[PDB]
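Structure (with oseltamivir carboxylate).
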Number of protein chains: 4
Amino acid sequence: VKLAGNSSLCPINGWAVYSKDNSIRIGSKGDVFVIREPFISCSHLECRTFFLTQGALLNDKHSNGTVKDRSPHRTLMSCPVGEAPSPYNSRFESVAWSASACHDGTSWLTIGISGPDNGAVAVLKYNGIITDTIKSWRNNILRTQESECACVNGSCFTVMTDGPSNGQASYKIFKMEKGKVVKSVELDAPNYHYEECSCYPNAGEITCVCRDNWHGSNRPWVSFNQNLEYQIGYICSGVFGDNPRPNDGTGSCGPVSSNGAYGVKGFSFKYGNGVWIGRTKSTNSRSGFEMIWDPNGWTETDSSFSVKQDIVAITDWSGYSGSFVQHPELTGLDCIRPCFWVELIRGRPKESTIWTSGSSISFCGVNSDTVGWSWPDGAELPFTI
Amino acid sequence: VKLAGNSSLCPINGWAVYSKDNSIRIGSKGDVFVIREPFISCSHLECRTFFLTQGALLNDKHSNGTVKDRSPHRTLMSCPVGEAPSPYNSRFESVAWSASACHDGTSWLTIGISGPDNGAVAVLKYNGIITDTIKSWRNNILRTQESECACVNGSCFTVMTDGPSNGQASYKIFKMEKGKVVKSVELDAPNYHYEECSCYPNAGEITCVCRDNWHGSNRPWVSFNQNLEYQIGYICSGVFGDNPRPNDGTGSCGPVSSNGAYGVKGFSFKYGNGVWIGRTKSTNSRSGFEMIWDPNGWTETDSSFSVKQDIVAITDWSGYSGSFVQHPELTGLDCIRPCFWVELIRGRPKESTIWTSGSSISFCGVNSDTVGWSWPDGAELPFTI
Amino acid sequence: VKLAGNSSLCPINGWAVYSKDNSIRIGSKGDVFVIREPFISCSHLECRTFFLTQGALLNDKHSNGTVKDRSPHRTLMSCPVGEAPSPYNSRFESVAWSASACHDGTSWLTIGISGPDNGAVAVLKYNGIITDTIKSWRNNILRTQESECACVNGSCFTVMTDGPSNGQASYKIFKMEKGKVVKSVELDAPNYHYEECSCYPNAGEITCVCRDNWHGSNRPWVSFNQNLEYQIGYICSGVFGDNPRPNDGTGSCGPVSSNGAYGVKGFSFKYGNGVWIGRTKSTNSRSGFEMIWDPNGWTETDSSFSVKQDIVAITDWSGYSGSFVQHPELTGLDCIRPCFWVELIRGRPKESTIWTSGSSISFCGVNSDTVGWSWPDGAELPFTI
Amino acid sequence: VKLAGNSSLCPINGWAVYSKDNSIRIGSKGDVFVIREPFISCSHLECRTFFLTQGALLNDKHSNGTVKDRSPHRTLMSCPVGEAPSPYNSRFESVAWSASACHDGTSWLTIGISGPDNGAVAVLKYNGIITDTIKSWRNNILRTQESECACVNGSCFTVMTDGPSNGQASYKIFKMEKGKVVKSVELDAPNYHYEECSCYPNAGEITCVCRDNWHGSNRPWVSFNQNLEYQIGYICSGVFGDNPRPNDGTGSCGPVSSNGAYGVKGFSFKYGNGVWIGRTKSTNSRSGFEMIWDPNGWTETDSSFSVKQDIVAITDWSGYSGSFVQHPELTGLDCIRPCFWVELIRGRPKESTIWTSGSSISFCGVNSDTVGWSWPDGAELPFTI
Ligand SMILES: CCC(CC)O[C@@H]1C=C(C(=O)O)C[C@H](N)[C@H]1NC(C)=O
């Protein structure tokens, strides 16, 4: 039975720890994969951590990591949440160096992009069997979310970008059913920059908060209806979401240029005019992580908010973070659970090692209360190398 | 179908071995988690061993174990009974440094506490999805059973403590249905100290034998109806069940203060006025274990009992122990099976290693006869370190 | 639905290879249990390999193996046929240093004996939960088949022995259902000696071909009905099946003393007055294996037989072997498929290592023709130790 | 419900990446089997990777590899597609130094041949249980596909060879039902040489394109109906498909002798008079790989073709490749989906190590577009040896 996306984000007051895989600590001795962007996505029955791997284990020569980001050895795989991703507990999903995945309530749709930078191609797989293909339309690094795609009413959607990671690039939103692109639209988003979008369903529409790697310290967003009729803008909140960024001053609804000329995959959840923002604690490094509730900051420009829930201390590394959803059909709830996962990145380039991998921690919505704390990766570097 | 807890504990003459995971021996080379409190719990179909990990494997630098007991890496996981807990074979359950779990006939209820000591939050999950949150109400290390909770008529129950592990603390009994607290009661138990409760259902009610870390050598207990109407007291037998403890002299039905101002998670099974006391063989160390049947001993003070069955020889190390039950819905029996597990602690503080982990063995009730013997951990220490 | 054991053994011409796990060779690097007696047994749906482990892995110090045969760490487990037994693919069955198992069409019956030599106890489990217990009745190493028991008409049967491994011992046949011993009989077998029986159903009855460790070079047998009314004897064939043994001279229908004073778990299939005998090739060691078809040989004394199918060369080590059965409920055949398995033992006492473990190979019945060959263990000893 | 093979090959334009296991890169630390000929075959629900192993893991002394190809330790196993084959994730299929496998829509049929060169025997299994045997009829290395067999309307087919791998050999086609040979036919192919056939169903008929190890640079083929009524020939195209082979000149419909006096296992898909040809890029080594579409090149001789899609750069190693198929009962499509896998051989004889193993990559049919690229093994040799 197809996942209805008609309900709304549940009302929350904080975030409860949902999972911590300790991959890198476990991986010191265990056969753990060296990985990146470990995003979570759920079905009507279970939740899985997807991730991309260079096809190498921690503490092996092959973790050498000097390799180009986009190698032909990169693969999308998944394992059950909270488990250290190893070759013994991971299901192969697709060959790719950028990807997303989501479940329509019936089957898994995975989207693995691979090939050369000037002709990369996205392979879509419904229940593991290739169902469609998408080719680079700009011949300049076709790439996608690196987190869950969103499904509604039997249709799933994703955002892909092709073009420079500096100036303008091209952005298309795709609508697919049973792994087949039935429709697609190129956003008319001049002066906007979209990368690694974190999308989620809400009352039959999709919202995505993304990364602006070109020229914005705040994050750009796009929300569209099942017919790909959209709207775009930037979280106006002066609690800037991107990293690097400037100190929290006065925000704006289009690209904040001071310091926002790079970035990190992140997310944000829109509540009315308010925003729950996840972000690194540091303004320079992918260190620390905190959730911030700025009621009415999605439209207003302030530096003030009302709640801050710590997640990872500034003294410990973080990295990519993205959002994921639990549908009522999995929960029994009468709303959609917003949840998020954080990538705790270790090694290069901030640490003196030959490799780079990450741990995940994830949290979920919830009305009852929570607490802030620090759930860092916890590995002692460097490794036997 | 919900688990009816209306039958009573099955009459028993002794305890037959049920399982032994050999985790620490296998861990010498295998990828086994370093763990603590591997309690067992069963559903209407199978039994699983739950345990807590620091997220490190045996024989690996990260099992350094100089970390605070309650680190943010401690996680609750489970694997089939008798298997070595490894990331290749364990299911992630929850992020926690204290917890319990129990199945109600439908799904697993897991309860994992994490967070700082001045406001730990218990996250309750039903079938893997968060269903409730309980906050510390004293802001002083909120903690729970470290063993199977008890379900009856579709409602599950547990006991949590908040406050000091020395003097008076606050104790509450929780009642939840489908992972949600539907009723809670604070016990009016001045002079009492409850910690790491071993609870079990009997005839529609729950009886818990716990640990008094404050000032008792005998174990305190609580029993309660499905409406949290309760009774409390201490095991009066002069066969003191805690550890440390004094030599078996004359008990009392309120905390025996000679020598019992510390302790160890243990259990006991009440039959009528008698008791099966599980406890260590030594009175100073967590070494050896034995089962003891002091009939007319739960209400009476003596030193005399009728049976003693050896489990682990004074010469070997033991540790936490807890009860678990096997319901007729799993068993086919017309009564509830009393079972228990014993944690075989190796390493620190009694050995000269840099870690602490434990193996597990369990036994079940039984009418037929058994044999006393010694099923110790069996690992050679130290390890390659 | 209960396995009907009413059909007869299928007629056969030779044995086709069924499996080979390579455990020891794989075990040089992989995490493989050091095991003994990996007998195979099947249900109505799958076949599984059971085996006993010392709770240790190949190439780790704990395989030190100087440990008594009967240690409290010994456990009964199982993994799918053909797979190397590791703590990552094996199910835990029971704590045991002697064992047997068999499926009745509904659930698995396992029997694991543990405890001291003067009072061992056999734990029976039906679907993993304890259903009965049997204590030593001579207080001298209660012990069992180390191979599949036999089920017919929803009752399973096994043979246990208690008493010395030299002179007269005591022999009992247990009839159990749903894992509960519903009847037992002590064989009245003066001058007989039964250990490690390999039993199989045929035409509603059970026949077991065992090992005489006391004074026989020929194998003793027992066959009984569902009411435990039995008959007994020795394979009369001069193609002596035990090991050690003399050169094939003239056999006798009661113990052949010469050279018959020790032995190895073996099996044999009776077909009318003929026997399919499996035995080692050497007469002083456990090396080589061959299936021999001596028609008119179970009741006659000859040295002559019609067929010999090599299985393991004399230049390679073998060990225990036993029979396991297919039933027409798992096969679709109108008869019972006789199969067998052979244990390839490497290490001590024949080899200069610190451990002993074995690999497994299996073959089945089959009407079509096969080929004799040699399927040895294939590991290079000694190991990294 | 049995798999109908009544539909035609789906029309296609190129090949989308389906999987990459990186087994070598991973085996560098992880416990992965050293394998050869990892063919893929699918059921109506999943696709698995079958491979053959020597019973040894990478980076362990048992991969020493000086061993005859045809050892008694060689086994057929399978694991999900895209996963690294390890004893922890692979299922045991059969003892075999040559094999094939296919699912008939109901259960899997595996064909494993083992035994000595003068009289090997193909053991057939249906759903894990032996269902027939086929003995060498020339006593000179009976051998089969090393790739998926073809199933149609409930009958599966395979091709085996017996005889010299130089001069005339003997070649037979077999039709089986429920793993039982129901009909076989010897090809009347004087001057032809068939080995390691890649077969596939098309419109209720099977087509196989094989290896001529005797005196052919082009590949020989056999197509047959459900009654084993057949036809034979060679791919006439001057786009020589074997390796070694000469530079692409003018070919012939009968064995091209220039340089095709050895070879490598391969495939091609027939569409009308056209042919999709999968082949290595070098004419001397098993290096690189590419798909070429030579329309009107299955019946014609040219050096001209229309499309060339790269799969592995000339600069990297490659190996066996085979066709597998996806049926409509699995895909939902209305036609049979052609796919292929490529074996990426590392080590001996081309590199300086003591072992030989292969990774795998695979691609499927597809109407949308794709891209040529290189997806090499990526392992750094030599290993710690
Ligand atoms: C014996 C003929 C056959 C083709 C030449 O040899 C194959 C060549 C191989 C090869 O050249 O890659 C390896 C195969 N595993 C082998 N199979 C057998 C049956 O031994």
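In the text below, chain A, chain B and the rest are named by the order of the sequence lines, each starting its count at 1. Method reported for this entry: X-ray crystallography, 3.0 Å. Every number for a ligand or one of its atoms is a count from 1 in the order of the listing.
All instances of oseltamivir carboxylate are found at ligand 1.
The chain sharing the greatest contact count with oseltamivir carboxylate (ligand 1) is, according to the PDB entry, Neuraminidase. Other chains within heavy-atom reach of oseltamivir carboxylate (ligand 1), distance under 4.0 Å: D. UniProt lists residues of chain D as binding substrate; of these, a heavy atom under 4.0 Å from oseltamivir carboxylate (ligand 1) occurs in D/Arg36, D/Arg70, D/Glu195, D/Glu196, D/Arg211, D/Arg286.
When chain D is restricted to the residues UniProt lists for Ca(2+) binding, the ones with a heavy atom within 4.0 Å of oseltamivir carboxylate (ligand 1) turn out to be D/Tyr262. When distances are taken between heavy atoms and rounded to 1 Å, the UniProt active-site residue of chain D closest to oseltamivir carboxylate (ligand 1) turns out to be D/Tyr320, 2 Å. Defined by non-hydrogen atoms within 4.0 Å, the binding site of oseltamivir carboxylate (ligand 1) is D/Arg36, D/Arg70, D/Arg143, D/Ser165, D/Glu195, D/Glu196, D/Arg211, D/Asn213, D/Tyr262, D/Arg286, D/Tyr320.
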